[PDB]
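Everything on this sheet refers to the single structure shown next.
By the numbers in the PDB entry, the shown part of chain A spans 259-412, 421-533. Heads up, header says this was done by X-ray crystallography, 2.3 Å. Computation of the quantities below employed the complete heavy-atom set of this structure, encompassing side-chain atoms and omitting hydrogens, waters and symmetry-equivalent molecules. Whatever order the structure lists them in is the order used to number ligands and atoms, beginning at 1.
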Amino acid sequence: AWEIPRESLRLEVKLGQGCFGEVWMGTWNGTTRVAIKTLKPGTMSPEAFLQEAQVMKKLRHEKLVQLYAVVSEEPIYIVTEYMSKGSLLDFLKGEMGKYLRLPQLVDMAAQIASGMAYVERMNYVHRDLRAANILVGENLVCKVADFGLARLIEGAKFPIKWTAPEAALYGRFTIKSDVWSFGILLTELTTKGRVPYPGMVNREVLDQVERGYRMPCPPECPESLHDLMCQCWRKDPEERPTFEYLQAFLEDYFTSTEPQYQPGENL
Ligand SMILES: N#CC[C@H](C1CCCC1)n1cc(-c2ncnc3[nH]ccc23)cn1
């Protein structure tokens, strides 16, 4: 019943293209502006492509990108709501980046924690939480997207710089490894989109994180916010905070934690 006829869709503008398929902005039933994830016909199994839609069928939250429809016969289409400002990573790196200060950045973080706390409640794992997988809409609304690797808890290698070591090394993906990634996401926000562990290659990152290395407090980031990051990067997955706590901490941040915050030059 999520099924629609393919002639119901008009693809128009390209927005991006991954190496397992493409993403277009389109029109649904001639009335609704949508986004249409397409498949590169041969890159990966059609059933592997559709599992992303399988997952999105079960999830529904204001801070997760919403599934609209599916075409499950080749060529395959996953149809979702359209996000007008593109990826958070591009937004932070773009011309808006320099004007964002801590209050807009923390509010973006709160929204992401809200969507993820919902994922937490439903017993899903995302497994690719990072700023390139968050989408920005009107009024600085942020929604988590790309549930390509997401699954209910019962590829070959993951971006180690965002992945909790137990998950990178032994495949132990839990909501607490998503919490690890959220901490790394917090450093992307507070540095306006810089790659984590500047100057370190993947192996060096792995070796040092095992030996206890953690990224320092970014310039102008408050120590209370870097404390939060460090709790997210606790070696013991179960010492890591929940998203429910993270959501509430970030929504209340400027009253309960940093009530005397003054804007600086970049944050
Ligand atoms: N690679 C490429 C995939 C791309 C990544 C960006 C966030 C999720 C993955 N992606 C963007 C979308 C999308 N969905 C809805 N509105 C949008 N606007 C711009 C991109 C976009 C879906 N996937």
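At ligand 1, the PDB records name the drug as ruxolitinib.
Most heavy-atom contacts to ruxolitinib: the chain UniProt names Proto-oncogene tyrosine-protein kinase Src. For ruxolitinib, the residues with any heavy atom closer than 4.0 Å are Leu273, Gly276, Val281, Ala293, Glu339, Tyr340, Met341, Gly344, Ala390, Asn391, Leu393, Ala403, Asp404. The UniProt domain of chain A holding most contacts with ruxolitinib is Protein kinase.
Taking UniProt's list of ATP-binding residues in chain A, a heavy atom lies under 4.0 Å from ruxolitinib for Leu273, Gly276, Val281. The entry gives the source of chain A as Gallus gallus. Near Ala403, the atoms of ruxolitinib lying under 4.0 angstrom from a non-hydrogen atom of the residue are 8 (C). For atom 4 (C) of ruxolitinib, the protein comes within 4.0 Å by no heavy atom at all. Polar contact check, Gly344 against ruxolitinib: no nitrogen or oxygen pair lies under 3.5 Å apart. Among residues UniProt marks as active site in chain A, the one closest to ruxolitinib, with its least heavy-atom distance rounded to 1 Å, is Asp386, 7 Å. Heavy-atom proximity to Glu339, at under 4.0 Å, picks out these atoms of ruxolitinib: 15 (C).
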What are the polar N/O contacts of ruxolitinib with the protein below 3.5 Å, with distances?
{"from": "ruxolitinib", "atom 1": "16 (N)", "to": "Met341", "atom 2": "N", "distance (Å)": "3.0"}
{"from": "ruxolitinib", "atom 1": "18 (N)", "to": "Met341", "atom 2": "O", "distance (Å)": "3.0"}

